[PDB]
Amino acid sequence: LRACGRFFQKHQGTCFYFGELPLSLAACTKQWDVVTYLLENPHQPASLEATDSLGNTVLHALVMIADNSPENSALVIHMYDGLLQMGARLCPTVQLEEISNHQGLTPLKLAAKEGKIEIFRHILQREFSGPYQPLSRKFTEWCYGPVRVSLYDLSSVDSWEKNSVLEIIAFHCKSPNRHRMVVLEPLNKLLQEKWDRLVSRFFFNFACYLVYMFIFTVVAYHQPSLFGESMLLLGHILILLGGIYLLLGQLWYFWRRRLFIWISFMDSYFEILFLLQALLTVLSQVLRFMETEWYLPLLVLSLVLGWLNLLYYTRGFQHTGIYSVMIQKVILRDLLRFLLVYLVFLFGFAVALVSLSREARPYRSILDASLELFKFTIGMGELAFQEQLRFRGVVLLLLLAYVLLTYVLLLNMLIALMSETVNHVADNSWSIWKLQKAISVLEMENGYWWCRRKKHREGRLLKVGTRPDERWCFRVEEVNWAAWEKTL
Amino acid sequence: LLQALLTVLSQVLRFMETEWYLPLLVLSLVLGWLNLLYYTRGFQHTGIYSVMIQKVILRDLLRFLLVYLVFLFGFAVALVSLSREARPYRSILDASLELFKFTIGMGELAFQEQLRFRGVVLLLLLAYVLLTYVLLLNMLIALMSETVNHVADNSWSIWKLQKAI
Amino acid sequence: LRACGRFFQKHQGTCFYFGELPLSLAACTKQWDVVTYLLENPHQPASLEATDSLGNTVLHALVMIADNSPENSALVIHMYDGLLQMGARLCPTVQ
Ligand SMILES: CCCCCCCCCC(=O)OC[C@H](COP(=O)([O-])OCCN)OC(=O)CCCCCCCCC
Ligand SMILES: CCCN(CCC)S(=O)(=O)c1ccc(C(=O)O)cc1
């Protein structure tokens, strides 16, 4: 029986999702004796293959109910393992972790999409001995001193498969946890192996974009008044073709990412800025063929965006690529809040200084007063007792009021930013850079919109046991003195 | 070694009578006085402060400089291209210098009356100012987050190593 | 016998340096009973003067394997001292 009404569905209100079935309730409430009874009573045994209204099996239900705390996750890991070990008795021919819900997700793929690092790490690295060895995803090949060599099973994991765990973490997962998931084994060595095969394609793509931005600059400089002339025309055609090429390449990106489009740009803001630079490059050449002089401010905007977009490629090296992650932060969220306070001050004082500076015994218009009042924040204030104005003492008191209120506001704003951002949290920039390299790899593996690359398959087909049990395994070698010495 | 090479080179260029001896003599005069800060290690108070002050800032400013120079050059080629049409910014050097003056507080931010695209030139300056001051705010907060950690001050011992060397 | 192939050398990849000798392995794996047996069995006593391919003795091997953590360093200090104290029995003229 499925408890399927809105109280039992997963949503932001008052609810309790446990799956929908008696067996999934008994698992999520941590009742082995009830789970054992429901599974192996003679009257009506609970099928481990049974699914709720979302298609979730009890293993998807346990992944939905995992929280990344040590008390929940350790007990969900035990509940998951004993149900999987009971599946090997009760359903011996059935691969319970190959059962897909209505989103096409297995329990491992669902743990990646929902960002559940603790149960994800456990499933991904799972190892057993004796009867349950085929339920492993990790097989130790040999161990010697501080060194372990392990084969990891890549079945749902390698990006050779469509809708794989790597594609999910990069493009379908919403969570803060994505950068912690790409730095787990085997994913860390597997993404390094892919990156090493593609780093020459990454820097070729950068060198083409440097040559395009050199030509863009040499043609935006050397514009005529509004052999050198035919080379200028060639430069405009190369910019049109580079602008159409980038416009088609980014429309293909957003077409492929359509179902999860916000997830595919929330951190990856350059995928919008390359589309915008390409649109403005095509629009500026179109306005130039129309001969309208508004082509030049579009060409110059797409030249600025063109060089700002060159900062995308700083992720290719650890030192620049981690710093591009250290620098950009929570400041973008709070400056957009401070800007509302700063613009009510700036406009409120601008309409006032304009109204009062109108009478004779700067400040000529709302734009000019907004600009003179804005110059106080760049240190160019021009603060003076204006001799010709009738109300010159009140105009000076309005400037002294604006200065004091604005510098109190900037002092409040800097101290508010320090209070949230200088917290001592250990720096998570290396792992956010590893996720930027993962997103870059998983895009490069498709080739280009015009030349769609045939994907190479990672690891080797190896016999790990008797199901024989032959799997695409990937060999990781770990050296760990600090963990090993504690076992001596 | 550099101050000594430039001192020998500047006297060699002076014996050659080439007027480029003077900018080498003046560079080796600057380095000459900067090198006088070596001897601050002879006393505990100046010698520990020479160790408090120099730090991880030299590593991260060389990373920020790549971001700042892509902004500065990207906006300089743009303001030069757009300020070319009549109804500052005469060359890549002059626009790089006018845009650099915004970081020393000497910005000269204005609605230029004679330029055809003067509103777009002002919007390009307001875009550069806002992006650069967001970048400097990100850079200062990034530096505080690594360098204000509460680690107990290891300057007395780094000064003892300077005295050992 | 010297375990001297690249897995046993010290480098930035996958490796396990212990010196290269049975006695240096027994010391770095913290096995006094094996260290005592290798040093003072009657069949073939391990020379405390014996060296790997870098010329490292067991005392250089223990210095290579020290980490500045309190658990590693305290146990390396005990392993180093007992080998040095055994050198005063087994190699009494040798510094
Ligand atoms: C259609 C058939 C003809 C194909 C011609 C060759 C295409 C090469 C494509 C390539 O190198 O693109 C690099 C860059 C986009 O970078 P990105 O997709 O990695 O990252 C995008 C951001 N996510 O895009 C560019 O630099 C623009 C390409 C045009 C300029 C080529 C200059 C060549 C100089 C040697
Ligand atoms: C490829 C050689 C591997 N070796 C260690 C490297 C020197 S090994 O000593 O042969 C060995 C060690 C341990 C195990 C095991 O734990 O199953 C098996 C083999």
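Chains are lettered A, B, ... in the order of the sequence lines. Note that chain A carries the PDB entry numbering, so the residues on display, from first to last, are 192-417, 429-563, 589-694, 699-719. Sequence positions for chain B are given in the PDB entry numbering; the residues included correspond to 477-563, 589-666, in order. Chain C residue numbers are taken from the PDB entry; in order, the displayed residues are 192-286. The structure shown is a partial extract from the entry, and contact counts are restricted to the extract. Atoms within each ligand, like the ligands themselves, are counted from 1 in listed order.
Drug at ligand 2: probenecid. The heavy-atom neighbours of probenecid at a 4.0 Å cut-off, by chain: A, C. Lab note: binding site of probenecid, heavy atoms under 4.0 Å, is A:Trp333, A:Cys334, A:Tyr335, C:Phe198, C:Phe199. Covalent partner of probenecid: none modeled.
For chain A, no UniProt-numbered transmembrane segment (first one at the N terminus) brings a heavy atom under 4.0 Å from probenecid.
The source organism field of the entry for chain A says Rattus norvegicus.
There is no protein heavy atom closer than 4.0 angstrom to atom 10 (O) of probenecid.
Counting only heavy atoms of the protein, atom 6 (C) of probenecid lies nearest to C:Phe198 CE2, 3.8 Å. Atoms of probenecid lying under 4.0 Å from at least one heavy atom of C:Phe199, given by number and element, are 7 (C). The nearest heavy-atom contact from the protein to atom 14 (C) of probenecid is A:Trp333 CB, 3.4 Å. The protein heavy-atom contact nearest to atom 13 (C) of probenecid is A:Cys334 O, 2.9 Å. For atom 8 (S) of probenecid, the closest non-hydrogen atom on the protein side is A:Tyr335 CD1, 4.9 Å.
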